[PDB]
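Summary heading: complex between dasatinib and Mitogen-activated protein kinase 14.
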Amino acid sequence: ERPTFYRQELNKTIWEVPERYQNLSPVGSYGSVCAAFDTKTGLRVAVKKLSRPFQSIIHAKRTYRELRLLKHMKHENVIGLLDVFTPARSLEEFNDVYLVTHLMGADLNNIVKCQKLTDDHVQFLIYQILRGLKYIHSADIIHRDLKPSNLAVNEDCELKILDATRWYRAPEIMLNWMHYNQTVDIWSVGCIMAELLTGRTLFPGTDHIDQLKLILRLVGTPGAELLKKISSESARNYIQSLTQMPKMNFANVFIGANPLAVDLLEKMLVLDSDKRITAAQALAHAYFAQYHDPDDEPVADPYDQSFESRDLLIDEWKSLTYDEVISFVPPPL
Ligand SMILES: Cc1nc(Nc2ncc(C(=O)Nc3c(C)cccc3Cl)s2)cc(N2CCN(CCO)CC2)n1
Ligand SMILES: CCCCCCCCO[C@@H]1O[C@H](CO)[C@@H](O)[C@H](O)[C@H]1O
């Protein structure tokens, strides 16, 4: 039943892992991650030892959250769990949690290299992002922090969504709006897509307020219909005092780009989050003609997020985490 574990010192703690995982090699330091080779599967994997997983109520809930989330994600364009383990033989000894994923070799900073991608290559990368987003959103989950560094790719350009840092952020998050919808991630995708087509950051704001300034120069100041939906007295009054800027014509901003790409960008980067295109709708858009397949753009099982409202003791989060470790089933090889 239980695999045989071995001990090895790695970034100044004692890691303890099943024999199947060979040649651990630190690559990052919440938790440290080593690259490794999984002899059972012939896969190169990332093994993450969680740091201080049950040191406080907050740590324990965070551990449980991360485990719950990774266990739920089962989709080609989203990072999944290959394995989860502990050296512990019972709940009473349970102090350590290790998570295992595919070892991703690069992210979308490394692929762009600040040089333009071809339009065919942007189609394939954005398609995959949207395919992953459809899945995530169908589980009633919002990513909230999509950016090139959270987008990992292999050598065949197969992409997985993972989880300056303000450049890809929807204006309503910059404003602390608090009732975010799923199209915040769509905003992020438009920013990424722009950058891939042009080789340049769309909105490289220097500071917080500068980020909003650059955003408004592209998409115009709020229209009459948007203004009706703003409950904040301070926001309305400040917005009403700005010199009204015209939304720019994206066709005369993204010069020589596929006009289908431009049309899609217009539908993603609408100031009004209620009027942004959804991921499912973006997949049906003619820009993705050569990739779109309704038979193979799957949705997720319902994801039970009720734990998030709960205030439980360290030992209760720990036992729930231990239940999740014990129930884990490896994906089909
Ligand atoms: C930090 C790092 N990650 C790499 N790949 C990763 N794949 C999966 C990872 C991972 O974190 N998964 C994961 C997640 C996402 C959540 C929970 C649990 C887990 Cl386990 S991290 C590669 C890499 N390289 C450094 C630079 N190069 C040397 C240059 O000569 C080689 C490549 N560096
Ligand atoms: C000065 C910069 C103006 C930014 C305008 C923010 C537009 C965001 O769009 C708004 O998103 C809210 C948050 O989810 C929704 O509740 C509103 O219905 C929607 O119109």
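In chain A, numbers come from the PDB entry; the residues present are 4-32, 35-168, 184-353, in order. Ligands are counted one by one from 1 in listed order, and the atoms in each one are counted from 1 as well. Any value given below was found using the heavy atoms of this structure, including those in side chains, with hydrogens, waters and symmetry copies removed.
Here, the model contains dasatinib as ligand 1.
Protein heavy atom closest to atom 19 (C) of dasatinib, with residue, atom name and distance, is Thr106 CG2, 3.5 Å.
Here the heavy atom of the protein found nearest to atom 33 (N) of dasatinib is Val30 CB, 3.9 Å. Atom 24 (N) of dasatinib lies below 4.0 Å from none of the non-hydrogen atoms of the protein. Interface of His107 with dasatinib, defined as ligand atoms under 4.0 Å from a residue heavy atom, comprises 7 (N), 8 (C). Considering only non-hydrogen protein atoms, atom 17 (C) of dasatinib sits nearest to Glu71 OE2, 3.3 Å. Heavy atoms only, to 1 Å: the UniProt active-site residue in chain A nearest to dasatinib comes out as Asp168, 4 Å.
With respect to atom 11 (O) of dasatinib, the closest heavy atom belonging to the protein is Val38 CG2, 4.0 Å. Looking from atom 20 (Cl) of dasatinib to the surrounding protein, the closest heavy atom is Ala51 O, 3.3 Å.
For dasatinib, none of its N or O atoms has an N or O atom of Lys53 under 3.5 Å away. A heavy-atom separation below 4.0 Å is found between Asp168 and dasatinib. Among protein heavy atoms, the minimum distance from atom 6 (C) of dasatinib is reached at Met109 O, 3.6 Å. In this structure, atom 32 (C) of dasatinib lies nearest to the protein heavy atom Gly110 O, 4.1 Å. Grouped by UniProt domain, residues of chain A touching dasatinib are mostly found in Protein kinase. Distance remark: protein heavy atom not present below 4.0 angstrom from atom 27 (N) of dasatinib. Within 4.0 Å of dasatinib on heavy-atom distance sit the residues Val30, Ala51, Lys53, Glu71, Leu104, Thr106, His107, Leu108, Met109, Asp168.
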If you look at each N/O of dasatinib, which protein N/O atoms lie under 3.5 Å away, and at what distance?
{"from": "dasatinib", "atom 1": "5 (N)", "to": "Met109", "atom 2": "O", "distance (Å)": "2.7"}
{"from": "dasatinib", "atom 1": "7 (N)", "to": "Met109", "atom 2": "N", "distance (Å)": "3.0"}
{"from": "dasatinib", "atom 1": "12 (N)", "to": "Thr106", "atom 2": "OG1", "distance (Å)": "2.9"}

